[PDB]
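Let me begin by presenting the structure, written as structure tokens, before commenting on it.
Just so it is clear, chain A uses the PDB entry numbers, and the residues here are 207-263, 276-476, in order. Whatever order the structure lists them in is the order used to number ligands and atoms, beginning at 1. Hydrogens, waters and symmetry mates play no part in the numbers below; they use all other heavy atoms, side chains included.
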Amino acid sequence: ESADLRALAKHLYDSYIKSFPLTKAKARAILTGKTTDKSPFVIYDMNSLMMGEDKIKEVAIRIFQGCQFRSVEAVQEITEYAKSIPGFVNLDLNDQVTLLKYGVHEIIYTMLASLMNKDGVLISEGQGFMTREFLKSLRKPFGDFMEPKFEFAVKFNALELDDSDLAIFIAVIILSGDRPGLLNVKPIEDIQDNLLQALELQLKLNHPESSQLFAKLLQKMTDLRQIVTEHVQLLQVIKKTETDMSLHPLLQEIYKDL
Ligand SMILES: CCO[C@@H](Cc1ccc(OCCc2ccc(OS(C)(=O)=O)cc2)cc1)C(=O)O
């Protein structure tokens, strides 16, 4: 029944709105700065950055740190959201932990696109905008870890998905089952199967003209994996070049064996 599938889509959208403070809707509205309710401060260089901490509540390491803090925060919102997916909290605890361990970063890069445009990314809850060119000019290793995200953001944003779409797609990512170390696959697959039906319908109804958008969206998932991997090894390099520093424990525990 299409009706049960719509009920599920609305449930997921609602929970998404409540779990994530900054939606794509608000983000795109800020990025298209014609809506002057509140425009962002733009950081494009050193002085921009220092003037940044001014109104916005070495450089490279500070940014690196910032991403980690935002990351840790996002893991907590995604975790809150995951709990709202029917059946998720009823799975064996070990698997709930596993699906989160592998889902979190694919979702973080997915939602990150929502705050990006070809030239930059919204930081500090939309109050700031950091350009792509500034991030790419960062010192030796810290100067290229963001580019892959932007390239993905550009292609991914072309699908023109909105928050209601994303909310179900996000749920499909978490209830994979192909994740390494799962004890009970079937209960996870039955759920994802149902989530897939809801996402298919949702795209069909919300994007009548977008031919095979469902297929195109699913393909984007192979892109996320490569982004995660690529980022993990760039992280390994940093941990070695900077011994006086360390990756936040949560991120560290998420990366232990992947
Ligand atoms: C290096 C840490 O990377 C995170 C993933 C990540 C990457 C980028 C990201 O957001 C990019 C936009 C951004 C840029 C600077 C920033 O810091 S600041 C101090 O300027 O607010 C915060 C977010 C969020 C999570 C991980 O491995 O878990």
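- Of the drugs S-warfarin, R-levocetirizine, ACHN-975, AZ 242, the one observed at ligand 1 is AZ 242.
- Within 4.5 Å of AZ 242 (ligand 1), most heavy-atom pairs belong to the chain that the PDB entry identifies as peroxisome proliferator activated receptor gamma.
- The PDB entry lists the organism for chain A as Homo sapiens.
- Heavy-atom proximity to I281, at under 4.0 Å, picks out these atoms of AZ 242 (ligand 1): 17 (O).
- Protein heavy atom in closest approach to atom 12 (C) of AZ 242 (ligand 1): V339 CG2, 3.9 Å.
- Only the side chain of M348 comes within 4.0 Å of AZ 242 (ligand 1), counting heavy atoms alone; its backbone N, CA, C and O stay farther away.
- Heavy-atom proximity to atom 13 (C) of AZ 242 (ligand 1), evaluated over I326, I341, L469, is greatest for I341.
- Residue contacts with AZ 242 (ligand 1) include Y473, since one or more of its heavy atoms lies under 4.0 Å from the ligand.
- Residue-level proximity to AZ 242 (ligand 1) for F360 is absent, since no heavy atom of it falls below 4.0 angstrom.
- Proximity annotation for atom 28 (O) of AZ 242 (ligand 1): of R280, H323, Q286, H323 comes nearest, heavy atoms only.
- The heavy atom nearest to atom 24 (C) of AZ 242 (ligand 1), considering only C285, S342, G258, is found in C285.
- Close approach to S289 involves these atoms of AZ 242 (ligand 1), each under 4.0 Å from a residue heavy atom: 4 (C), 5 (C), 25 (C), 26 (C), 28 (O).
- Which parts of AZ 242 (ligand 1) touch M364 is read off a 4.0 Å heavy-atom cut-off, strictly below it: atoms 8 (C), 11 (C).
- In chain A, most residues contacting AZ 242 (ligand 1) belong to UniProt domain NR LBD.
- For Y327, no nitrogen or oxygen atom sits less than 3.5 Å from a nitrogen or oxygen atom of AZ 242 (ligand 1), counting backbone and side chain alike.
- A heavy atom under 4.0 Å from AZ 242 (ligand 1) is present in the following residues that UniProt lists as binding rosiglitazone in chain A: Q286, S289, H323, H449, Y473.
- Distances from atom 3 (O) of AZ 242 (ligand 1) to the heavy atoms of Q345, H449, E291, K367 put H449 nearest.
- Scanning the protein heavy atoms around atom 18 (S) of AZ 242 (ligand 1), the nearest turns out to be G284 CA, 4.2 Å.
- Contact annotation: for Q283 versus AZ 242 (ligand 1), there are no heavy atoms closer than 4.0 Å.
- The 4.0 Å heavy-atom shell around AZ 242 (ligand 1) contains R280, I281, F282, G284, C285, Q286, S289, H323, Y327, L330, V339, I341, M348, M364, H449, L453, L469, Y473.
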